[PDB]
Undergrad: 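Just downloaded a structure that has astemizole in it.
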Amino acid sequence: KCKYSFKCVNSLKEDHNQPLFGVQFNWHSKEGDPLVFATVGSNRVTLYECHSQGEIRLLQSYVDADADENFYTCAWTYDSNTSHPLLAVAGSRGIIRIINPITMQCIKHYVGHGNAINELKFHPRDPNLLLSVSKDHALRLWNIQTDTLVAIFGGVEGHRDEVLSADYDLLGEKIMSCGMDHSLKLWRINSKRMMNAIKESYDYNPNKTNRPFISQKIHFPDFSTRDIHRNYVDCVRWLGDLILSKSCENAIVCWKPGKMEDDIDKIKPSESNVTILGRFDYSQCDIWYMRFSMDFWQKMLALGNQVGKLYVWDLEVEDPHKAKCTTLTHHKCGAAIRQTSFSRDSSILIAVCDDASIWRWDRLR
Ligand SMILES: COc1ccc(CCN2CCC(Nc3nc4ccccc4n3Cc3ccc(F)cc3)CC2)cc1
């Protein structure tokens, strides 16, 4: 048996009855402050608090003025200067909105992607750098302090189809992206070119020059493979220097570029080998856009499937690809679980569903 046990303590359904596509705990809150997570779906962004006796306390909602916006994803950050939390959301309109979670009002917004945005990620060491991933086949790195587009990752050897997912490594030196073209691509952002681009993006003063700020066009990833999956890749995360990624073949694959002994930071762009370490098998999760998540210290891996089962794997264990997961089911939870989120201390796991239901699972302590 997996050593991580959870009990379902609460559930609720949102009034709009549309699929909830994203859920994110805020990992930037004080160990003293209450645990807060956001859900997104329809034209709605909703905040909830977790409290004693399994309560899920509704805090506040944001409804977009555009009735036909469809939010797919959200990401937390904080303002460098005020230390106050900020929430980025985006979806089918390709517009990035920054919401003030205290007032739940839109502060500013970025247009630019020519199509839907499927994922948002904030740099783990610079909270002002937001990465967006788009159906126009590109990734974009924004500086939301100076409202500038730093770089566009796409072109000659960028993705050939819609990009679905991306993730920064531990320190934010590199990005792995993936999408409908079956490929996984690595983009290093600690190169001198990207370092200078990031620095220039901070020095940009509009009321001090008339020349617009030109984004760096990054056309060549630092590594690319289509040898991991045989179909689209709808989720990728770094596991240390290893990569976890999934397609619609009912497995998360753990792999790394190069040969097994090869250091990630010496992989050249022309590297043709990958090493598959193993896979996490499951069933009934072969529909498009089902995301997996890990806890802060990457001791646990969670994936929901299309009939409401929630798998949790212990990542600390020997022979982890052959170990049985914990399967969490509730007889009232039958809809597809789109994304899950662990609280900062791994005490809570929240799942959100295609029928607008939210499920709260508490780790037995
Ligand atoms: C917020 O800051 C932090 C700081 C640290 C961390 C932990 C990173 N973690 C990353 C994974 C590490 N395992 C690990 N590397 C390996 C390298 C080669 C071969 C096997 C390896 N295996 C074992 C393994 C392989 C596959 C698998 F599916 C499970 C285990 C162990 C360390 C998280 C957040």
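Position 1 is the first residue of the sequence, and the numbers go up from there. Both counts, for ligands and for their atoms, begin at 1 and track the order of listing.
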Undergrad: Which partner chain accounts for the most atom contacts with astemizole, named as in the PDB entry?
TA: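 The largest contact partner is Polycomb protein EED.
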Undergrad: So for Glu316, does at least one of its heavy atoms come nearer than 4.0 angstrom to any atom of astemizole?
TA: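 The answer is no, since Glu316 has no heavy atom less than 4.0 Å from astemizole.
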Undergrad: Given that the side chain starts at C-beta and the backbone is N, CA, C, O, which of these parts of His321 lies under 4.0 Å from astemizole, counting heavy atoms, or is it both or neither?
TA: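 Side chain only.
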Undergrad: Closer than 4.0 Å to some heavy atom of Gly240 - which atoms of astemizole meet that?
TA: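 Those of astemizole that fall under 4.0 Å from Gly240 are 10 (C).
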Undergrad: Check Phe280 against astemizole and report side chain, backbone, both or neither, counting heavy atoms closer than 4.0 Å.
TA: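 For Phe280, the contact with astemizole is made by the side chain alone.
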Undergrad: For astemizole, is any non-hydrogen atom under 4.0 Å from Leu244's backbone (N, CA, C, O), its side chain (CB onward), both, or neither?
TA: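 Neither; no heavy atom under 4.0 Å.
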Undergrad: With heavy-atom distances below 4.0 Å as the criterion, list the atoms of astemizole near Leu315.
TA: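 Contacts of astemizole toward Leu315, numbered from 1: 29 (C), 30 (C).
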Undergrad: Which residues define the site around astemizole at a heavy-atom cut-off of 4.0 Å?
TA: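 The heavy-atom site around astemizole is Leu170, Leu239, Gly240, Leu242, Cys254, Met260, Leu277, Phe280, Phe296, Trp297, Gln298, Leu315, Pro320, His321.
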